[PDB]
Amino acid sequence: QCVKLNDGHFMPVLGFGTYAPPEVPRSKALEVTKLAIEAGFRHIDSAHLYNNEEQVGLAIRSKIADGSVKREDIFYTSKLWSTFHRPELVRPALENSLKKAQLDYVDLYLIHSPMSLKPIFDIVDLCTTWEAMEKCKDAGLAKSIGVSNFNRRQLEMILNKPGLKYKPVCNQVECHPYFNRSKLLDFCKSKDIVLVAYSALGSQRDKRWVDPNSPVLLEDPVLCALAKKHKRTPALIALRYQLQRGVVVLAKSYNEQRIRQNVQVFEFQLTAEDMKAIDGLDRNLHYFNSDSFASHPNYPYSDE
Ligand SMILES: NC(=O)c1ccc[n+]([C@@H]2O[C@H](COP(=O)([O-])OP(=O)(O)OC[C@H]3O[C@@H](n4cnc5c(N)ncnc54)[C@H](OP(=O)(O)O)[C@@H]3O)[C@@H](O)[C@H]2O)c1
Ligand SMILES: COc1ccc2cc([C@H](C)C(=O)O)ccc2c1
C-alpha cells in the first residue's frame with residue numbers, strides 16, 4: 001500500500017535503499033534494483049551522493065520497457081547534495097540527477113542534509129534552498145519535495161518561513177528500534193509530514209561512519225524472540241514495526257533472497273505487546289556517529 005502525502009501525491013510505504021559502498025561495482029545497483037521491482041518494491045531511494053543514478057534510472061527504465069511496470073507505478077526519490085544548497089545550484093543539481101537517471105521527473109526530491117558544505121562547512125539560509133526546491137515542484141521536475149536529516153528546530157524553520165508555498169512532504173531520518181525518534185515522529189504526524197526511516201535494519205555499518213563496537217540491531221534478543229514467535233526474521237520485525245508506527249520504511253539489500261524476503265512485511269502483523277517490547281529497545285543510539293558530522297554547526301543531533 002501507499003500513503004497520501006500532504007500535496008496529494010502518494011508514496012509507497014516500503015522503499016528500496018540503493019546505497020552501496022564504492023567497493024561494490026556499479027553494475028550491482030542496476031541488477032538489484034531490477035530485482036527489487038520484480039519482487040514488488042515500488043519506491044526506489046537514490047541520491048546524487050550514491051553515484052548510482054544512471055544504473056538505478058536504467059533499472060527503472062528497463063522495467064518499464066519490458067512491460068512489468070509503468071513510470072507512474074514507480075516512486076523514485078533523489079536528493080540534493082550539501083554542496084549544492086545555494087539556491088542557484090538547486091535546480092541545476094536536480095536537472096543533473098534527472099539527466100543521469102534519464103527520467104522526466106523525480107517523484108520526490110529532498111534536501112539530503114541540513115549541514116551545508118562549500119560548493120569545509122558553509123553557511124546557507126536553508127529557507128532560500130527551500131524556495132528553490134519549491135520552484136522545482138512548480139516546474140514539474142519533482143512531483144513532491146521534502147527534507148532529510150532535519151531535526152524538529154530545522155523543520156520548524158522551513159514550516160514557519162514567510163509565505164511558504166509547500167510544506168516538506170517528509171523528513172527522511174535514521175530511525176530503528178535503538179533510535180526510534182518517537183518525539184520527532186509525533187511532531188511530524190501533527191504536521192501531516194511523513195517520517196521516512198533509513199537504516200531501519202541497523203545500517204550497513206560502514207567503517208567511515210559507524211563504530212564496529214556498536215550493537216548489531218539485527219542480533220537484538222527481543223527482535224530475535226519476536227522473529228521466532230512470528231516465524232519471520234529480525235529484519236521483517238524491524239520493518240513491520242515502522243509500518244505500524246505510520247513510518248514509511250526503506251530497506252537496502254543487494255541479496256536476491258533478502259530483497260524478496262523484505263516484501264513479506266505486508267504478510268503479517270505485530271500485536272500491541274510486540275510493539276511495546278520493541279518500543280522498549282530505544283536507546284538514543286544513532287549509528288552514524290562521526291567527527292565529519294558532529295562538529296558541524298548545523299548537526300541535527302545537537303538538540304537531543
Ligand atoms: N538520507 C540519508 O542521509 C540516508 C542515510 C543512510 C541511508 N539512506 C537510504 O536508506 C537506505 C537503507 O538504509 P541502509 O543503507 O543504512 O541499510 P539498511 O536498510 O538499514 O540495511 C542494512 C543491512 O541489512 C541487510 N538486510 C536487508 N534485508 C535483510 C534481511 N531480510 N535480513 C537480514 N539482513 C538484511 C542488508 O545487507 P545485504 O545487502 O547483505 O542484504 C543491509 O546492508 C540506504 O540504502 C539509502 O537508500 C539515506
Ligand atoms: C546526520 O547527518 C547525516 C547523517 C547520515 C548521513 C548518511 C548518508 C549516507 C551516504 C546515505 O546513505 O545517504 C548521507 C548523509 C548523512 C547526513
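In this chain, residues are counted from 1 in sequence order. One-based numbering, in listed order, for ligands and for the atoms of each.
- Ranked by contacts, the top partner of ligand 2 (the one with most) is named in UniProt as Aldo-keto reductase family 1 member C3.
- At ligand 2, of tacrine, naproxen, clavulanic acid, fenoprofen, psilocin, the drug present is naproxen.
- Other-chain residues and nucleotides with a heavy atom under 4.0 Å from naproxen are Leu49, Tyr50, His112, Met115, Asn149, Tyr198, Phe288, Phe293, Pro300, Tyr301.
- The shortest N/O to N/O separation between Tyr50 and naproxen falls below 3.5 Å.
- Remark: naproxen atoms within the under-4.0 Å shell around heavy atoms of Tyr198 are 4 (C), 5 (C).
- Within naproxen, the atoms closer than 4.0 Å to a non-hydrogen atom of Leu49 are 10 (C), numbered from 1 in the order shown.
- At least one N or O atom of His112 sits closer than 3.5 Å to an N or O atom of naproxen.
- Organism for chain A, as given in the entry: Homo sapiens.
- Heavy-atom distances to 1 Å put the closest UniProt active-site residue of chain A relative to naproxen at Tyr50, 3 Å.
- Atom 17 (C) of naproxen has as its closest protein heavy atom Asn149 ND2, 3.4 Å.
- The substrate-binding residues of chain A named by UniProt that have a heavy atom under 4.0 Å from naproxen are exactly: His112.
- Between naproxen and the UniProt NADP(+)-binding residues of chain A, heavy-atom distances under 4.0 Å are seen for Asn149, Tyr198.
- Regarding atom 2 (O) of naproxen, its nearest protein heavy-atom neighbour is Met115 CE, 3.1 Å.
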